[PDB]
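We're numbering straight along the sequence, starting at 1. Note that ligands are numbered from 1 as they come in the structure, with each ligand's atoms numbered from 1 the same way. What's counted below: heavy atoms across the whole structure, side chains too, no hydrogens, waters or symmetry copies.
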Amino acid sequence: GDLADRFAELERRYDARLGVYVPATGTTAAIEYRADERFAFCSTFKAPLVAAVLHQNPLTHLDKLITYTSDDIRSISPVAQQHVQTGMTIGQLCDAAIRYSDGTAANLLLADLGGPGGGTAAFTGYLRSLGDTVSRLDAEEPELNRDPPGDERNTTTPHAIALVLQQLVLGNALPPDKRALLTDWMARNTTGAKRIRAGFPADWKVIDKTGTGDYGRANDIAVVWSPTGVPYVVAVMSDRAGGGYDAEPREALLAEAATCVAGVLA
Ligand SMILES: O=C(O)C[C@@H]1CC[C@H](NC(=O)Cc2cccs2)B(O)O1
Ligand code: NA
């Protein structure tokens, strides 16, 4: 259709590979572009990671204090690295993992799921439990960013991650109370002003989880509400693998992709 051609023009203009998935609703068709193609998760996994922790524990667990050392700061950790002396509660870790993409928080929450591979296996299994047979997490931060194009490790697809997020925020994967916490953390995200948010009019609400990696990898997964309160899930994934491991990620690609989506859903 014409929208596919426009996504293709966007890819050509940015010298990038773009993936888009907006699940169909009772009133709207799905928007799909390279939606069954694999893209690195990057920091986007930190949102479903928080859902896994929520899922597996009573809410009182959020008050559990976790201590760690400066040697645990092995990845970009804007919150955790300033709380080595105090520790952080599981809830604070969930907050940081989503709103600041905190990698140490992510690793600690992975550990909290238990089992081999520092909780990476358990994370993947959580996604399996939501019907996702595609996504896989194989390493902790930062080593999960190291995989070259073509390697299936630490990848998802726009389709798979969109349907995960759909079930988590809009569906019944979580009880409404836990769902509200996940939603609130994504709502107050600090990292996403220049991506999906930048492509929707100000009277639309946007909650989201960003990620950035090597090979120009830039993702955003969002739930948006129209001015009338109609929700949609918008997953946008990109890389610029053609330019090499140090290709510049382009936030503006995601904003423009989201603009194209907002045009269809207005
Ligand atoms: O939310 C965002 O968009 C940024 C977030 C930062 C932590 C994670 N990145 C890393 O830890 C290393 C990186 C490689 C290339 C860039 S940062 B994550 O994937 O992305
Ligand atoms: Na500190």
Find the chain in most contact with ligand 1 and give its name from the PDB entry.
Beta-lactamase
Of alrestatin, desvenlafaxine, ibandronic acid, vaborbactam, pentostatin, which one is modeled at ligand 1?
vaborbactam
Any atoms of vaborbactam less than 4.0 Å from a non-hydrogen atom of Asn145? List them with their elements.
10 (C), 11 (O), 12 (C), 19 (O)
Any atoms of vaborbactam less than 4.0 Å from a non-hydrogen atom of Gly213? List them with their elements.
14 (C), 15 (C)
Less than 4.0 Å is my threshold; does some heavy atom of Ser75 fall inside it relative to vaborbactam?
no
Does any N or O atom in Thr210 lie less than 3.5 angstrom from one in vaborbactam, N or O only?
yes
Can you tell me the protein heavy atom closest to atom 20 (O) of vaborbactam and the distance?
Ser43 OG, 2.5 Å
For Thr212 and vaborbactam, does the shortest N/O to N/O distance drop below 3.5 Å?
yes
I'm trying to place vaborbactam relative to the UniProt active-site residues of chain A - which one is nearest, and at what heavy-atom distance, to 1 Å?
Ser43, 2 Å
Identify, by atom number and element, the atoms of vaborbactam in contact range of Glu141, meaning under 4.0 Å from any of its heavy atoms.
11 (O)
Run the contact test for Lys209 against vaborbactam with a 4.0 Å cut-off on heavy atoms, strictly below, and give the result.
yes
Can you sort out which atoms of vaborbactam are near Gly211, meaning under 4.0 Å from one of its heavy atoms?
1 (O), 2 (C), 3 (O), 20 (O)
Near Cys42, which atoms of vaborbactam are under 4.0 Å from a heavy atom of that residue?
19 (O)
Please list every residue in chain A that UniProt marks as binding substrate and that has a heavy atom under 4.0 Å from vaborbactam.
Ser101, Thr210, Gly211, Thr212
Of the backbone atoms (N, CA, C, O) and the side-chain heavy atoms from C-beta on, which set of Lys46 has a member under 4.0 Å from an atom of vaborbactam: side chain, backbone, both, or neither?
side chain
Part of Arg195 with heavy atoms under 4.0 Å of vaborbactam, whether side chain, backbone, both or neither:
side chain
Hey, could you tell me which residues sit within 4.0 Å of vaborbactam? Heavy atoms only, please.
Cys42, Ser43, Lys46, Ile76, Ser101, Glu141, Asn145, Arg195, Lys209, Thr210, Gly211, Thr212, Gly213, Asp214
Can you produce the list of protein nitrogen or oxygen atoms under 3.5 Å from a nitrogen or oxygen of vaborbactam, alongside each distance?
{"residue": "vaborbactam", "atom": "1 (O)", "partner": "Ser101", "partner atom": "OG", "Å": "2.7"}
{"residue": "vaborbactam", "atom": "1 (O)", "partner": "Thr210", "partner atom": "OG1", "Å": "2.6"}
{"residue": "vaborbactam", "atom": "3 (O)", "partner": "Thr210", "partner atom": "OG1", "Å": "3.4"}
{"residue": "vaborbactam", "atom": "3 (O)", "partner": "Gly211", "partner atom": "N", "Å": "3.4"}
{"residue": "vaborbactam", "atom": "3 (O)", "partner": "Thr212", "partner atom": "N", "Å": "3.2"}
{"residue": "vaborbactam", "atom": "3 (O)", "partner": "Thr212", "partner atom": "OG1", "Å": "2.7"}
{"residue": "vaborbactam", "atom": "9 (N)", "partner": "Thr212", "partner atom": "O", "Å": "3.3"}
{"residue": "vaborbactam", "atom": "19 (O)", "partner": "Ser43", "partner atom": "N", "Å": "2.9"}
{"residue": "vaborbactam", "atom": "19 (O)", "partner": "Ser43", "partner atom": "OG", "Å": "2.4"}
{"residue": "vaborbactam", "atom": "19 (O)", "partner": "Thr212", "partner atom": "N", "Å": "3.3"}
{"residue": "vaborbactam", "atom": "19 (O)", "partner": "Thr212", "partner atom": "O", "Å": "2.6"}
{"residue": "vaborbactam", "atom": "20 (O)", "partner": "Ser43", "partner atom": "OG", "Å": "2.5"}
{"residue": "vaborbactam", "atom": "20 (O)", "partner": "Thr212", "partner atom": "N", "Å": "2.9"}
{"residue": "vaborbactam", "atom": "20 (O)", "partner": "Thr212", "partner atom": "O", "Å": "3.3"}

